[PDB]
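I have placed the structure first, in the form of structure tokens, so that the comments after it can refer back to it.
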Protein chains: 2
Amino acid sequence: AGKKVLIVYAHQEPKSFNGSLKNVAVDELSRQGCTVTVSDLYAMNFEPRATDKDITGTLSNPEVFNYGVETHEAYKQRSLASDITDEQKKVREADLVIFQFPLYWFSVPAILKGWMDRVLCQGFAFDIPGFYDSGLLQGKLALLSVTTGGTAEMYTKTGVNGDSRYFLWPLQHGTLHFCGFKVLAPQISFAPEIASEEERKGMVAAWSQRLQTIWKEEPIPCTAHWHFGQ
Amino acid sequence: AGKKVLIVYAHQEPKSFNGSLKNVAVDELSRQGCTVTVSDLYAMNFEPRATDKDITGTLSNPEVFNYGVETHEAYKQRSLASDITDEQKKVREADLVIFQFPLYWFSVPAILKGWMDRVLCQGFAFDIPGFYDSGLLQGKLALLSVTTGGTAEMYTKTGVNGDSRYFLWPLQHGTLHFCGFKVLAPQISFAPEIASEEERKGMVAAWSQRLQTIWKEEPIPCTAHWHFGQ
Ligand SMILES: Cc1cc2nc3c(=O)[nH]c(=O)nc-3n(C[C@H](O)[C@H](O)[C@H](O)COP(=O)(O)OP(=O)(O)OC[C@H]3O[C@@H](n4cnc5c(N)ncnc54)[C@H](O)[C@@H]3O)c2cc1C
Ligand SMILES: Cc1cc2nc3c(=O)[nH]c(=O)nc-3n(C[C@H](O)[C@H](O)[C@H](O)COP(=O)(O)OP(=O)(O)OC[C@H]3O[C@@H](n4cnc5c(N)ncnc54)[C@H](O)[C@@H]3O)c2cc1C
Ligand SMILES: COc1cc(N[C@@H](C)CCCN)c2ncccc2c1
Ligand SMILES: COc1cc(N[C@@H](C)CCCN)c2ncccc2c1
Ligand SMILES: [Zn+2]
Ligand SMILES: [Zn+2]
């Protein structure tokens with residue numbers, strides 16, 4: 001063993017279904033003997049905005065502000081804001097990063113989008129070269145554990161929302177694969193708010209049970225075909 | 001014939017390529033006689049986080065906080081935070097909403113994601129029923145004006161990033177169409193950083209030129225087929 005996990009958790013309410021999925025993950029991975037860390041973004045009041053406050057000391061170009069260039073240079077020069085570098089250390093140490101969130105507008109809640117925007121800077125998460133298969137977080141696993149308002153049936157190719165895989169593309173491919181993660185199959189807990197107690201319990205147990213064997217999983221082929229093909 | 005436009009703008013730097021695209025839109029729509037409003041999110045320090053500070057009234061359930069439920073009720077009761085209702089007024093009055101932003105992780109910058117999350121609440125933007133074609137913002141047009149780091153070639157079906165339309169899905173369909181907007185074709189200004197100065201000037205002029213006839217355009221068919229093909 002000796003496996004290290006970071007859970008990046010984005011829900012306001014400890015008693016929520018998301019909260020329970022997060023807690024079951026902590027419980028089960030802790031039981032296994034894994035090293036576990038949680039970034040509870042709302043509790044941390046995590047800053048989502050990409051601004052010039054993310055660089056400490058003198059800017060590379062104080063007259064014209066380019067977030068990408070400034071953060072790349074700040075990473076190289078150990079001059080990023082401590083909230084960012086605190087998260088980078090957690091990611092650097094992790095073998096697996098689990099994202100636990102409710103689907104907001106076919107994507108992550110803004111607080112979690114901000115974590116992605118600000119934490120995954122050039123030089124840390126990807127570079128030229130070093131992206132997609134050679135992304136700098138290569139060797140690590142990532143997994144999206146998402147809850148939805150809509151039902152499984154709505155998230156079908158011919159359903160009103162389209163296939164759930166369609167909304168996964170920017171997250172799994174554009175973000176996680178880009179940074180070199182192997183992407184484990186998403187955990188999608190459909191429509192807990194209208195599910196029965198029994199069904200909800202089932203979904204939480206599926207997740208806990210899945211976690212028992214998470215280290216034996218094969219990553220998905222994070223391709224356009226997987227997301228969009230038949 | 002008396003058209004109102006809201007530009008929701010998400011860039012930190014007034015001298016940026018995004019800044020120029022926003023300014024030329026203001027100039028050209030102003031020249032046409034349109035009524036124009038801009039929400040400059042970074043300059044506004046717009047709050048992106050969905051939190052219980054977004055409701056000031058008595059909560060429906062003060063023991064277990066459900067953001068969707070509480071904001072829906074707060075919208076009906078008029079106890080939403082005023083920054084949200086300020087944006088809703090701008091949207092309510094607009095005939096066309098243009099979003100001007102750099103692509104961040106195949107999506108919008110977090111500050112703009114937060115605008116979507118917080119402003120487009122139930123009761124205001126959609127109801128149950130009252131979504132997709134019957135969304136509450138029906139009759140309005142929306143348009144994504146996006147800039148990218150990657151080139152046009154990279155954003156094709158056989159390119160490393162996949163086709164550009166793939167990443168539009170959560171924004172155009174999952175968000176805008178869901179709220180009832182008709183969606184005008186996106187403006188994607190590819191890779192301005194790589195482009196020559198002449199090519200950049202060309203991209204800005206192309207947007208201004210397109211705006212001259214924007215009111216004659218038809219919306220796209222905002223469907224899975226449009227985004228993903230056969
Ligand atoms: C801004 C915004 C945008 C949204 N966009 C979308 C979208 O694009 N697409 C979409 O489909 N949905 C969308 N939604 C809906 C959203 O995804 C769901 O509301 C969310 O996923 C529900 O998860 P939750 O943890 O908040 O559920 P909760 O309301 O916290 O949980 C549901 C029920 O499960 C119960 N529960 C908690 N723990 C357990 C347990 N251990 N065992 C059994 N029951 C338990 C809870 O008590 C509760 O009764 C959006 C919502 C918002 C606010
Ligand atoms: C957190 C983050 C995530 C990102 N994710 C992605 C992603 O998923 N996919 C992707 O492809 N890219 C991504 N990028 C790259 C990003 O999308 C580009 O950096 C951005 O789109 C560039 O637009 P800009 O306005 O910042 O360019 P600028 O750097 O401001 O513009 C380039 C040049 O244009 C010049 N200029 C300004 N106005 C004019 C004018 N009127 N005429 C001529 N020249 C002018 C500027 O002076 C500058 O020299 C990401 C960047 C960041 C920081
Ligand atoms: C595109 O689908 C949704 C669904 C939402 N919420 C519903 C499903 C209630 C949760 C289950 N009872 C959304 N809520 C807010 C904003 C966008 C939504 C989109
Ligand atoms: C986190 O930043 C990026 C940048 C990308 N593209 C390069 C070309 C940026 C160039 C502008 N300086 C991405 N491309 C694809 C997917 C994610 C990206 C993230
Ligand atoms: Zn991929
Ligand atoms: Zn659509």
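Throughout, protein chains are lettered first and strands after them, A, B, ... in sequence-line order, and every chain is numbered starting at 1. Numbering of ligands and ligand atoms starts at 1, following listing order. Only heavy atoms go into these numbers, but all of them, side chains included; no hydrogens, no water, no symmetry mates. This deposition comes from X-ray crystallography, 1.3 Å.
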Query raised in the report: Which of clorsulon, veliparib, primaquine, lidocaine, LdT would you find at ligand 3?
Result: primaquine
ask   = What is primaquine (ligand 3) bound to here, taking the chain with most contacts and naming it as the PDB entry does?
value = Ribosyldihydronicotinamide dehydrogenase [quinone]
Help me out: which other chains have any heavy atom nearer than 4.0 Å to primaquine (ligand 3)?
A, B
Looking only at protein heavy atoms, which one is nearest to atom 11 (C) of primaquine (ligand 3), and how far off is it? A:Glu193 OE1, 3.3 Å
Do any non-hydrogen protein atoms sit less than 4.0 Å from atom 17 (C) of primaquine (ligand 3)?
yes
### Query
Which UniProt FAD binders of chain A are under 4.0 Å from primaquine (ligand 3) in heavy-atom terms?
A:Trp105, A:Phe106, A:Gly149, A:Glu193
Nearest protein heavy atom to atom 6 (N) of primaquine (ligand 3): under 4.0 Å?
-> no
**Report entry** Proximity to primaquine (ligand 3) by part of B:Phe126, non-hydrogen separation under 4.0 Å
**Finding:** side chain
>> Please list the nearest protein heavy atom to atom 1 (C) of primaquine (ligand 3) with its residue and the distance rounded to 0.1 Å.
In response: B:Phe178 CE1, 3.3 Å
query = From the PDB file, what's the organism behind chain A?
reply = Homo sapiens
Worksheet item: Looking only at heavy atoms, is any part of A:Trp105 under 4.0 Å from primaquine (ligand 3), and if so is it the side chain, the backbone, or both, or is it neither?
Response: side chain
Q. By chain and residue number, what forms the binding site of primaquine (ligand 3) with heavy atoms closer than 4.0 Å?
A. A:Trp105, A:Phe106, A:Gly149, A:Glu193, B:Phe126, B:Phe178
